[PDB]
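In the text below, chain A, chain B and the rest are named by the order of the sequence lines, each starting its count at 1. Just so you know, ligand 1 is whichever comes first in the structure, and atom 1 is the first atom listed for that ligand.
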There are 2 protein chains.
Amino acid sequence: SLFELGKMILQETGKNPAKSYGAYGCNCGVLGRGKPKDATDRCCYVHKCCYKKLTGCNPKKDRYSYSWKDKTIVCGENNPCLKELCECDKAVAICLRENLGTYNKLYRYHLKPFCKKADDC
Amino acid sequence: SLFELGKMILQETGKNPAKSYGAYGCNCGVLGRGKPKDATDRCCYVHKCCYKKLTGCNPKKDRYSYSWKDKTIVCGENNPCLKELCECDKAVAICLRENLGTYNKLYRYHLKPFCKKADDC
Ligand SMILES: CCc1c(C(=O)C(N)=O)c2c(OCC(=O)O)cccc2n1Cc1ccccc1
Ligand SMILES: CCc1c(C(=O)C(N)=O)c2c(OCC(=O)O)cccc2n1Cc1ccccc1
Ligand SMILES: CCc1c(C(=O)C(N)=O)c2c(OCC(=O)O)cccc2n1Cc1ccccc1
């Protein structure tokens, strides 16, 4: 669910998830996908496409189990779809931390309606 | 949809919706409901309970028709669920504008794990 995603982003990046990523670029936060503005935006683009493949469950509301061992997100879920969901969330949290170096505050509250259309997932 | 909701909030409050309300208190933004911190937070609490009473239409993705006539939000929508959805969004936009006087910047991006569980709607 969005709860576990938010905890993951806070654990990996150390940043408030909705502040730094609630409306970043054309893909982070609300209002679907668009042409990525930068590397951080592409993390959210990939993450949204990760959600679109979850054909057997529901990413926004389905809670899953994960652990924080050796400063690493570990998805211990036995259910295959929840496990696939947890790995989507873990990937974007790692991706967002890995691209903090090119984070641009000018994209933090980006006017998404004027974004160029995105390619199909 | 979030498009209409965001535009309603801007027209009523004069504030940008994601920057000022994308994460406020315990109820504004994603991550569900919680014990509200103030009157602004309670607007989003009531708003989410309003969404729960809807009759099948998707509050996030479904578009509806409304007009800004004589500085008033008018829900001309005729579909019963989309009309109620429009009325939910108009209510929170008015609520946030009515309570701007106690808008506390410290509750912006309020850490959402912080919050106590909310009462049932
Ligand atoms: C980058 C963070 C993010 C999403 C992403 O991880 C992303 N843009 O991919 C995402 C999101 O994406 C899933 C989807 O659109 O279905 C939907 C809604 C909000 C979304 N926040 C903001 C947020 C998440 C969790 C706690 C607090 C704020
Ligand atoms: C689409 C929702 C939205 C914003 C978003 O949700 C978004 N683009 O992120 C946003 C906005 O940005 C959030 C922020 O700056 O706080 C600023 C101002 C208005 C904003 N409307 C309403 C709107 C946008 C474009 C045309 C007509 C109405
Ligand atoms: C108060 C603003 C708000 C929501 C509310 O109005 C609120 N928390 O009640 C809400 C929201 O709530 C509906 C729900 O949780 O299903 C879900 C996701 C984002 C939400 N933004 C932020 C936003 C909305 C529209 C344009 C730009 C930013």
Could you help me figure out which of zenarestat, lasmiditan, varespladib, tecovirimat is at ligand 3? varespladib
For varespladib (ligand 3), which chain wins on contact count (greatest number of heavy-atom pairs under 4.5 Å), named per UniProt? Basic phospholipase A2 homolog piratoxin-1
Name every other chain with any non-hydrogen atom less than 4.0 Å from varespladib (ligand 3). B
Any protein heavy atom < 4.0 Å from atom 23 (C) of varespladib (ligand 3): no
List varespladib (ligand 3) atoms under 4.0 Å from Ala18(B), heavy atoms only on the residue side. 27 (C), 28 (C)
Identify the organism of origin of chain B according to the PDB entry. Bothrops pirajai
Ligand and ion contacts of varespladib (ligand 3) below 4.0 Å: ligand 2 (varespladib)
Just need the protein heavy atom nearest to atom 19 (C) of varespladib (ligand 3), so name the residue and atom and give the distance. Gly29(B) CA, 4.0 Å
Run down the list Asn16(B), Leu31(B), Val30(B) and name the one with the heavy atom closest to atom 18 (C) of varespladib (ligand 3). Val30(B)
State which residues lie within 4.0 Å of varespladib (ligand 3), judged on heavy atoms. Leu2(B), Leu5(B), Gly6(B), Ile9(B), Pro17(B), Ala18(B), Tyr21(B), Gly22(B), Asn27(B), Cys28(B), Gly29(B), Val30(B), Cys44(B), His47(B), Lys48(B), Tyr51(B), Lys60(B)
